[PDB]
S.K.: 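Supplied in structure tokens, the structure appears directly below.
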Amino acid sequence: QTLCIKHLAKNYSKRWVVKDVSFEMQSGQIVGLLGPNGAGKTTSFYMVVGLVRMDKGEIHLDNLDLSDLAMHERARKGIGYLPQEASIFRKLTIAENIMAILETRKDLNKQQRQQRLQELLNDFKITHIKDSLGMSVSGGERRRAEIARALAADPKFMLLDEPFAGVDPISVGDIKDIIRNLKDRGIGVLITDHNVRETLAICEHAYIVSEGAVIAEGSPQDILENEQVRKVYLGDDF
Amino acid sequence: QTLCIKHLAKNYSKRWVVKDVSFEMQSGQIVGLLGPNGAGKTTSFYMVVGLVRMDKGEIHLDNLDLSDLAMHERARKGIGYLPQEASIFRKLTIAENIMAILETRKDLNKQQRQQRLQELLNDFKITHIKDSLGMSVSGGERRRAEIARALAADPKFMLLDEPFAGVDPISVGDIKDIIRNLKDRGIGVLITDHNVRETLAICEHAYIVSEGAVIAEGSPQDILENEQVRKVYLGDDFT
Amino acid sequence: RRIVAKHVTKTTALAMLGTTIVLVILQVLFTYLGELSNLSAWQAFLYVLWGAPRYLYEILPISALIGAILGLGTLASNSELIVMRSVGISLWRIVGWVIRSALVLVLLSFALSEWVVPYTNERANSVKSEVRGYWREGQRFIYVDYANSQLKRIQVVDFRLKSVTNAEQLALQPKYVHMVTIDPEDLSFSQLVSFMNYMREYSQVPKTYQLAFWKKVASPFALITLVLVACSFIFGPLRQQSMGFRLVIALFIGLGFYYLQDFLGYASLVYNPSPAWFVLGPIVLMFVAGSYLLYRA
Amino acid sequence: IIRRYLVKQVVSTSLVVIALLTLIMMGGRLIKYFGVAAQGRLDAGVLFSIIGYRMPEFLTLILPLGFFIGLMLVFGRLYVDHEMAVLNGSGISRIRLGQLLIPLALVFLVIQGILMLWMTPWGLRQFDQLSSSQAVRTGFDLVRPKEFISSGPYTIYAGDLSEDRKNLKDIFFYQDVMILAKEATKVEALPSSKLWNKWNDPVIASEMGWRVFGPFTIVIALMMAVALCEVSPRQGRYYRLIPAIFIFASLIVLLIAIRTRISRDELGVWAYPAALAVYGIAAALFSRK
Ligand SMILES: CN1C(=O)[C@H](CCCCN)NC(=O)[C@H](CCCN)NCc2cccnc2Sc2cccc(-c3ccc(C(=O)O)cc3)c2CNC(=O)[C@@H]1Cc1c[nH]c2ccccc12
Ligand SMILES: CCCCCCCCCCCCO[C@@H]1O[C@H](CO)[C@@H](O[C@H]2O[C@H](CO)[C@@H](O)[C@H](O)[C@H]2O)[C@H](O)[C@H]1O
């Protein structure tokens, strides 16, 4: 599956923050949507999710135009979103968070929903907190429950927003292992992040957007040896 | 000359967030207060500034207790604060942002104040944008106006909160020169930041605050070789 | 889906009921301060306490508005509404879950209006302390000096005159005698429709009873519509705002709606068009405007 | 520069709140007056003159409330968007910022001193003459369509009524003469001069003290808005409004409860500054904790 995105555009206060941002993503592949802060990497990311309405552009997913659909109508097509901020259901237990979205899945029955919930808890090692409220778990443990909850909806493309946000260097490997696990599960991952040192370490194909347009494209090795990216975003030393 | 912090402590919701944090910072020296996120490096920083009540311990500045003084009373003692978030006076001109704090100074007359404002604008290359509002400037230029404004109060120690927050790698070096310039100005700088890799590149003495207590101390080279830090904060391979 | 539905409904229901408890307690305390003017004080606390169901009945439309603002505001500010859309739960489904919470208040509004308010109102009047000079039945004008629910100096005039009959002790019925002094607004729906049907069978129903009838039949629809407006504001203008700002705005919409429904109620008694236009005016427009803010997502 | 920055902000947002409260406090009364006019008990063409004459009465309460709310919104904004951390971090406390607004509060005190002493009585004097002129309406003036209106020895029934209260239809008049036709076409206001020296009487002792010690609620609204304005950036600019409007309103409710207990010669006129001093000292102590 391919999430073709063509000629995105959006203006704010009569100023075009995003001008002709176009990139392509495939299932089972990590793609990093990077760039200078405020240059349109966040806004172009949100127009893929659906939070920000698209002024101009075309977002197809395997000959399925997802341009006119809202946030939820795209999510039913197989697009996932993991907010940077804490988005766990505070008053629902960790097992109820995953079970809340599993009941939304129409591809299962009560018998296999409990089996799917059990293995999702075991996959992310949150079984020991399956009965604790979502508001009373560690930030590292909660984020694993948010990803497990997102995987309960069976997404084809998981768009991660700032995954390495407030993550210590000891636990940056844990996030990379999670993101690598999503790729091995057949889910394409779109990462937008301010921490470009580690986002350029897991992504297979990165898009640098500056001044509202994509200024470079390719593997992280090609991104580093790009004169425009080095001059504008990464700097002479990196 | 020597800001001394001893045995800081603070309990939030019957949980001791900070337990026996003590570090010393001298004037003209850059000190990085680092550590795992949520391990008390942020709370211990705030007790130094004054944005949270120290439940236990003391703060000294060259035989002058500052523990009982509020945030504004320490600022008169030469301690500055630079919030991570946008703290510019939004509807005031950038020249007026620096001037609003220059008029606070008692040892500066109108003529001495206009000069100081002129040279403060020139030092931070914002004299071209000195006629624009605080809320209508670039993110990079706004922070340069907040540091020029902070220097107008003439601080002896500047407590920077997340200076490398939301900063592109191109503009990280720009902040390095600013913090290096503050040290060259005879002003001690205390830095708390999540970006440990770049914070360790300017500080000459770093403190690692884990599980509410200081577990490391010394130059960034000594912090990296510490096996206790690399087990809890930095990880096996960090450079 | 049931676990998500219970979480959204229970969170909003507790916010709608929590605001209801607070708003009634404040209005009982505020009203108690006022009556004290015309003072015994205890005789004045029971009169205000007995009026609580009637203060409760008039708070339900505004407690449901604030309840949905605070109930969904807690969900919105915690980024919980974003992850319901991220899995395929529409905006109109989340609104439908909030409406389920408001449907408890609508049923509570019916119970107070039909069986509770008309009883505690009568008990309140007694604490503070049978129609006299009652004045048309088609072509006949009837005046009775004293009328009892179980007559004195009757006078009936027939119409050109035929007979002016007088007695010392016709379509008048004792059942509706006690409803004559009661204001049309205060009458319960069971009492109002029965009284209007009685007047319409023999005379013309005044426009102050038509307005009272329309202000009651459109009471459940103003509670649901005002909830939908609250939900659309959370997904629209009041998204990412503080909890205090949402509460402040929820108070301005509540007063704006109470003033608009008060003014357009009065305007229906002075202008030719039927009171249905003035009562169902804002309700239809707020539903259309509220449903448009939901279409903008 | 920091004083002019605050005065411009407080004046701008206090005038917005004052105009917002005037639209709400007297918009509700204007609608209620319109409700009386819709039943014929008040001329529809004069209800805008009633609002004109009750401007000083409501603005007597809104001005301390608008100043109090406008003070906390400004001081809340400084806290929310981190302009207070750089003002405290530069040596300027919150108490010092509230002391920069004493010249502004004195202007608002003088303004309300004009309202309380002069325009509130003058507005209530003209309103009392006007309202008493609307209480004499009787007969065909109070008629309502499809209803019987009895006023003394008159009983009037009109089958229809125009949008204006003219051109009646299906008129029935009873005394005994029966006519059927198809068509038919206070110390609160006394000038201060009087209560100026006429003390030693609970009536004036309560009113005149209410006019002299009344304007000083602006000062209390200044040092109590400074005390109750500390709010976190994530909490919001409006977080401490509703909790602290009730703390301010508890002062006014106490002052209305003192005006009455003086009118009944039970408390004495000395309790006006005492009520303000207790709230003044409590606010000063809380701002310095
Ligand atoms: C009975 N009072 C009034 O007539 C005031 C007068 C102010 C508006 C007109 N100028 N107005 C009212 O009461 C009317 C309702 C009465 C029917 N119209 N609206 C609520 C209203 C308007 C203005 C102030 N309070 C109210 S209701 C209220 C609120 C808080 C406390 C109290 C209260 C309760 C009990 C006692 C006691 O037992 O001694 C004392 C006070 C009250 C009750 N109101 C009072 O005691 C005052 C006392 C008062 C006399 N003149 C004044 C001029 C300015 C301010 C207040 C007064
Ligand atoms: C702004 C809220 C923050 C805190 C506020 C603190 C106090 C709030 C003040 C509320 C003012 C009360 O409002 C006052 O209620 C009393 C209730 O007896 C009303 O009183 C009215 O109805 C009663 C009930 O039959 C009659 O007996 C009375 O003659 C009549 O005037 C007043 O018309 C109204 O002005």
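Chain letters correspond, in order, to the sequence lines: A, then B, then on. For chain A, we keep the numbers from the PDB entry: what you see runs 10-247, in order. Using the PDB entry numbers, chain B covers 10-248, in order. Here the PDB entry sets the residue numbers for chain C, with the shown residues being 4-42, 47-136, 145-150, 152-166, 169-177, 182-191, 228-355 in order. Just so it is clear, chain D uses the PDB entry numbers, and the residues here are 2-176, 185-194, 247-350, in order. Atoms within each ligand, like the ligands themselves, are counted from 1 in listed order. The analysis underlying the following values was restricted to heavy atoms, covering all of them including side chains, and did not include hydrogens, waters or symmetry mates.
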S.K.: Which of these options (zosurabalpin, remikiren, lopinavir) corresponds to the molecule at ligand 1?
M.R.: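 The drug at ligand 1 is zosurabalpin.
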S.K.: Which molecule here shares more close contacts with zosurabalpin than any other chain, as the PDB entry names it?
M.R.: Lipopolysaccharide export system permease protein LptF
S.K.: Taking 4.0 Å as the heavy-atom contact limit, which other chains touch zosurabalpin?
M.R.: C, D
S.K.: Mind listing the residues near zosurabalpin? I'm using heavy atoms under 4.0 Å.
M.R.: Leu36(C), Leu39(C), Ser40(C), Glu58(D), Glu249(D), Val314(D), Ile317(D), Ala318(D), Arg320(D), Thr321(D)
S.K.: State the residue and atom joined to zosurabalpin by a covalent bond, or say none.
M.R.: none
S.K.: Tell me the organism the entry assigns to chain D.
M.R.: Acinetobacter baylyi ADP1
S.K.: Which other ligands or ions are positioned less than 4.0 Å from any atom of zosurabalpin?
M.R.: ligand 2 (dodecyl-beta-D-maltoside)
S.K.: The PDB entry names chain C how?
M.R.: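 The entry calls it LPS export ABC transporter permease LptG.
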